[PDB]
J.: 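Sending over a structure with methotrexate; questions below.
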Number of protein chains: 2
Amino acid sequence: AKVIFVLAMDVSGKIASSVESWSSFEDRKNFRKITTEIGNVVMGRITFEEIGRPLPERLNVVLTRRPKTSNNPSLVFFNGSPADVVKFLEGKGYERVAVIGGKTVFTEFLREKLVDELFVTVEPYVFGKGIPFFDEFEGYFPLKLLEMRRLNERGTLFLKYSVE
Amino acid sequence: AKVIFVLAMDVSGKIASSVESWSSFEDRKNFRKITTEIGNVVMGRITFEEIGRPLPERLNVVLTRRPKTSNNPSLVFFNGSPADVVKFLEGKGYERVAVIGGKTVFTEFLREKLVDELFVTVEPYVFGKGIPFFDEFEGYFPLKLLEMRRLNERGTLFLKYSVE
Ligand SMILES: NC(=O)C1=CN([C@@H]2O[C@H](COP(=O)(O)OP(=O)(O)OC[C@H]3O[C@@H](n4cnc5c(N)ncnc54)[C@H](OP(=O)(O)O)[C@@H]3O)[C@@H](O)[C@H]2O)C=CC1
Ligand SMILES: NC(=O)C1=CN([C@@H]2O[C@H](COP(=O)(O)OP(=O)(O)OC[C@H]3O[C@@H](n4cnc5c(N)ncnc54)[C@H](OP(=O)(O)O)[C@@H]3O)[C@@H](O)[C@H]2O)C=CC1
Ligand SMILES: CN(Cc1cnc2nc(N)nc(N)c2n1)c1ccc(C(=O)N[C@@H](CCC(=O)O)C(=O)O)cc1
Ligand SMILES: CN(Cc1cnc2nc(N)nc(N)c2n1)c1ccc(C(=O)N[C@@H](CCC(=O)O)C(=O)O)cc1
């Protein structure tokens, strides 16, 4: 399956800050549309706790070293490496895997080179402080821009890159 | 005069990395046009050394605490706050000031809220390590997207933002 990263950030590359509601209405609807199409989302435990509940119409895979039994078929607490995660979803018939976050989770998939496309939303802000897209890692990735789209009047931008 | 930031970065927000030749010539020509139109470039001493010499047809203002007299009329070593630099250039009839870089210089101008527009080029890469656009500072800036332009088939993107 191909791995797709889905994230929103400010112009400086941060995925979280203390700025209230900087995430646009448009990015939120675009996010639901994209991830439901893919049919699954892989996230870190901390990101799951912030969302608070499983996202509807999608298989929610939550990474945690303290797996918890689940009563919901669309919620799975998983203890494994990025590679293990991809194998598990592939075994479910998914062609694409949507990794939606946790700086920690983005970092792990990057260190392991498991990323084929980046669906990036750039919100019109500059945050002086915040949580970076990922922690330092050796190497880099050349990209190719597949699509660019303005999502609203203020300038929220949706970019789609393929990893070369 | 209004302060304009001109920078190129990868998708993760870094203005420099160990990767060779990641700067596109299209960005370089676009940079040449914009900065010569503005007529001046304000930069940190390190950036100056890396460029290798005064950029032609532009007043080059090199920020430094250890000032050196200059023979060249279009090269000035300046010691002072970002506010003093603007004052100095305004006194010379400039309406716009082009701050072209150095993580330290961008940080200083941001801390002082002296910035009106951002002329940002996003090169199609993700760097694992590198120098960030700026070091932490208090607050943030909401922006409005004025213009978006693709510079090459690979995906180099030029974005123009207004502050606040
Ligand atoms: N702007 C955006 O688009 C997004 C922003 N975010 C933001 O980023 C922050 C979250 O980032 P971050 O805290 O780094 O990461 P996460 O919070 O998403 O998850 C961290 C945790 O996930 C678990 N985990 C990670 N990797 C593995 C693995 N290989 N195996 C098992 N468990 C694993 C661990 O859980 P345990 O401790 O249980 O063992 C770890 O504590 C939040 O502020 C959130 O708002 C999140 C998504 C998107
Ligand atoms: N991608 C891009 O668009 C750009 C990338 N860069 C990259 O970023 C790096 C440069 O970042 P960084 O080193 O932080 O900064 P700079 O290299 O631009 O400048 C550092 C210097 O500027 C001087 N300086 C800074 N603030 C002041 C002040 N308030 N008053 C007086 N002098 C001051 C100091 O001079 P002194 O010590 O002599 O007194 C210091 O040595 C380089 O690797 C370069 O390649 C640079 C520009 C653009
Ligand atoms: C905090 N968080 C993480 C979050 C937010 N925006 C993002 N935006 C992008 N582009 N990418 C991400 N990974 C991302 N992650 C959240 C919080 C809520 C919902 C959420 O309610 N979900 C609805 C969205 C729908 C709405 O507002 O209709 C969904 O069903 O997908 C998703 C993610
Ligand atoms: C390392 N450096 C800093 C540099 C490079 N690209 C950037 N690109 C952007 N968008 N913004 C910056 N601040 C920036 N800074 C350099 C190195 C050379 C020249 C340079 O030769 N100058 C010619 C360009 C000429 C060409 O290729 O015709 C110029 O007249 O501006 C400029 C900046």
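Chain A is the first sequence line, chain B the second, and so forth, proteins listed ahead of strands; every chain is numbered from 1. When reading the values below, keep in mind they use all heavy atoms of this one structure, side chains included, and skip hydrogens, waters and symmetry mates. For ligands, and for the atoms within them, numbers begin at 1 and follow the listed sequence.
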J.: Curious which chain letters or ligand numbers map to methotrexate here.
T.: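 For methotrexate, that's ligands 3 and 4.
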J.: Looking at contacts alone, what is the main macromolecule next to methotrexate (ligand 4), by its name in UniProt?
T.: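 The chief partner is Dihydrofolate reductase.
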J.: Mind listing the other chains that have a heavy atom within less than 4.0 Å of methotrexate (ligand 4)?
T.: B
J.: Residue and atom of the covalent bond to methotrexate (ligand 4), if one is modeled?
T.: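 As deposited, no covalent bond from methotrexate (ligand 4) reaches a chain.
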J.: Just distances here: any N/O of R53(B) and N/O of methotrexate (ligand 4) closer than 3.5 Å?
T.: yes
J.: Which UniProt domain of chain B holds most of the residues in contact with methotrexate (ligand 4)?
T.: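 Mostly the UniProt domain dhfr.
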J.: Considering only heavy atoms, which of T121(B), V122(B), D27(B), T156(B) lies nearest to atom 7 (C) of methotrexate (ligand 4)?
T.: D27(B)
J.: Hey, quick one: which residues UniProt lists as binding substrate in chain B have a heavy atom under 4.0 Å from methotrexate (ligand 4)?
T.: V6(B), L7(B), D27(B), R28(B), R53(B), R58(B), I100(B)
J.: Which residues in chain B does UniProt mark as NADP(+)-binding that also have a heavy atom less than 4.0 Å from methotrexate (ligand 4)?
T.: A8(B), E50(B)
J.: What organism is given for chain B in the entry?
T.: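 By the entry, the source is Thermotoga maritima.
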J.: Who gets closest to atom 16 (C) of methotrexate (ligand 4) by heavy atom: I51(B), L55(B), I15(B)?
T.: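 Considering heavy atoms of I51(B), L55(B), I15(B), the nearest to atom 16 (C) of methotrexate (ligand 4) sits in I51(B).
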J.: Are any of the N or O atoms of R28(B) closer than 3.5 Å to those of methotrexate (ligand 4)?
T.: yes
J.: Counting both backbone and side chain atoms, is some N or O of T35(B) under 3.5 Å from an N or O of methotrexate (ligand 4)?
T.: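 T35(B) vs methotrexate (ligand 4): no N/O contact under 3.5 Å.
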J.: If you measure every N/O of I100(B) against every N/O of methotrexate (ligand 4), is any gap under 3.5 Å?
T.: yes
J.: Check each of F31(B), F48(B), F158(B), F106(B) against atom 15 (N) of methotrexate (ligand 4) and report the one with the nearest heavy atom.
T.: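 It is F31(B) that holds the nearest heavy atom.
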J.: Which neighbouring residues and nucleotides define the binding site of methotrexate (ligand 4) at 4.0 Å (non-hydrogen atoms)?
T.: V6(B), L7(B), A8(B), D27(B), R28(B), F31(B), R32(B), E50(B), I51(B), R53(B), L55(B), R58(B), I100(B), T121(B)
